Undergrad: 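Structure uploaded - ceftriaxone bound to Beta-lactamase.
Start at 1 with the first residue, then count along the sequence. Hydrogens, waters and symmetry mates play no part in the numbers below; they use all other heavy atoms, side chains included. Per deposition record, X-ray crystallography, 1.9 Å. Numbering of ligands and ligand atoms starts at 1, following listing order.
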Amino acid sequence: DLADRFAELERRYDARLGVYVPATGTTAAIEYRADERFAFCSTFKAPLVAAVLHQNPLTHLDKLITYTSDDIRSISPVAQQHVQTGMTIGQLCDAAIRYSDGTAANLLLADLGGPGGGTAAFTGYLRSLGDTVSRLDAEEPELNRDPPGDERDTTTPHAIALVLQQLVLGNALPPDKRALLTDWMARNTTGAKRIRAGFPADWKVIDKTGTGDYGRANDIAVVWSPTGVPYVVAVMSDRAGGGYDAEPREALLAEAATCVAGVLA
Ligand SMILES: CO/N=C(\C(=O)N[C@@H]1C(=O)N2C(C(=O)O)=C(CSc3nc(=O)c(=O)[nH]n3C)CS[C@H]12)c1csc(N)n1
């Protein structure tokens, strides 16, 4: 009744919903529209922090990068207050995952690929994870604004769930660098009402969200059962037929996570 239960979700919230859960030795693949393209939005900041972590020693995380107030072109609740102090890369990483800071991600993009090669550098990182589907093409804020059906700035639930499976659970990042990434997303302040609300409290959830135009609302997550058996949930949604200013529904992401928790009992 999987596809039956998610289709109702789509009818009730008037939304396109994408769901992927990788197969495990015990559980099978939960896949609803898993190979359709959904806009990254702020979800890209999580594998982007991984990219900066992978390309640099830990001594790089304490490098002072200096920006201006003119450089805050988007929702940057952490970078807003450090207009003069600059920010250590480890803090921009912190701002990128936990507070979805846009100016952080734009400075993190430049540290990775330079002034004009940041998007392509980030896309090539995902290539190195075997993700040949996703693409970042724009920087903040325009990556949240691409029209529907456009392939630019898009991933799929399948590809981002497989990517995230290598970062937290796989051997893509070294033990210590992975630890800092697993901690950052477990400290995130944005995903309370998405996948967190649908998994029981004695389950452990780590997540990075994305929200954007055309009603776009995403939550990428790794979940941990009370027995410690781990899963990676990718939930992606938009309400294109609503228009650019359509209202994202967080409770949509919540219910989809409730359904996947029900089959993971
Ligand atoms: C051009 O950029 N447009 C954006 C945008 O910057 N999106 C980013 C993104 O993915 N972000 C995320 C997040 O990570 O989910 C968030 C966090 S979600 C959230 N938390 C709150 O406490 C709250 O009161 N409201 N919201 C929405 C906000 S926008 C930023 C946008 C936001 S809503 C919309 N229609 N567009």
Undergrad: With a heavy-atom distance limit of 4.0 Å, tell me whether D213 approaches ceftriaxone through its side chain, its backbone, both, or neither.
TA: both
Undergrad: Check each of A217, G210, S42 against atom 9 (C) of ceftriaxone and report the one with the nearest heavy atom.
TA: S42
Undergrad: Which one holds for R194 and ceftriaxone: side chain close, backbone close, both close, or neither close, with close meaning a heavy atom under 4.0 Å?
TA: side chain
Undergrad: Hey, does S74 sit under 4.0 Å from ceftriaxone if you only count heavy atoms?
TA: no
Undergrad: Pick, from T189, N144, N188, the option with the minimum heavy-atom distance to atom 3 (N) of ceftriaxone.
TA: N144
Undergrad: Based purely on interatomic distance, does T190 place a nitrogen or oxygen under 3.5 Å from a nitrogen or oxygen of ceftriaxone?
TA: no
Undergrad: Which residue of chain A listed as active site in UniProt is nearest to ceftriaxone, and what's the minimum heavy-atom distance to 1 Å?
TA: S42, 2 Å
Undergrad: Does atom 24 (O) of ceftriaxone have a protein heavy-atom neighbour under 4.0 Å away?
TA: no
Undergrad: Does at least one non-hydrogen atom of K208 fall below 4.0 angstrom from an atom of ceftriaxone?
TA: yes
Undergrad: Just want to see if ceftriaxone lands near the annotated pocket: which residues UniProt lists as binding substrate in chain A have a heavy atom under 4.0 Å from it?
TA: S100, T209, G210, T211
Undergrad: Does only the side chain of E142 get under 4.0 Å from ceftriaxone, or the backbone, or both, or neither? Count heavy atoms.
TA: neither
Undergrad: What residues, by chain and number, sit within 4.0 Å of ceftriaxone when only non-hydrogen atoms are counted?
TA: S42, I75, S100, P141, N144, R145, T190, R194, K208, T209, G210, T211, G212, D213
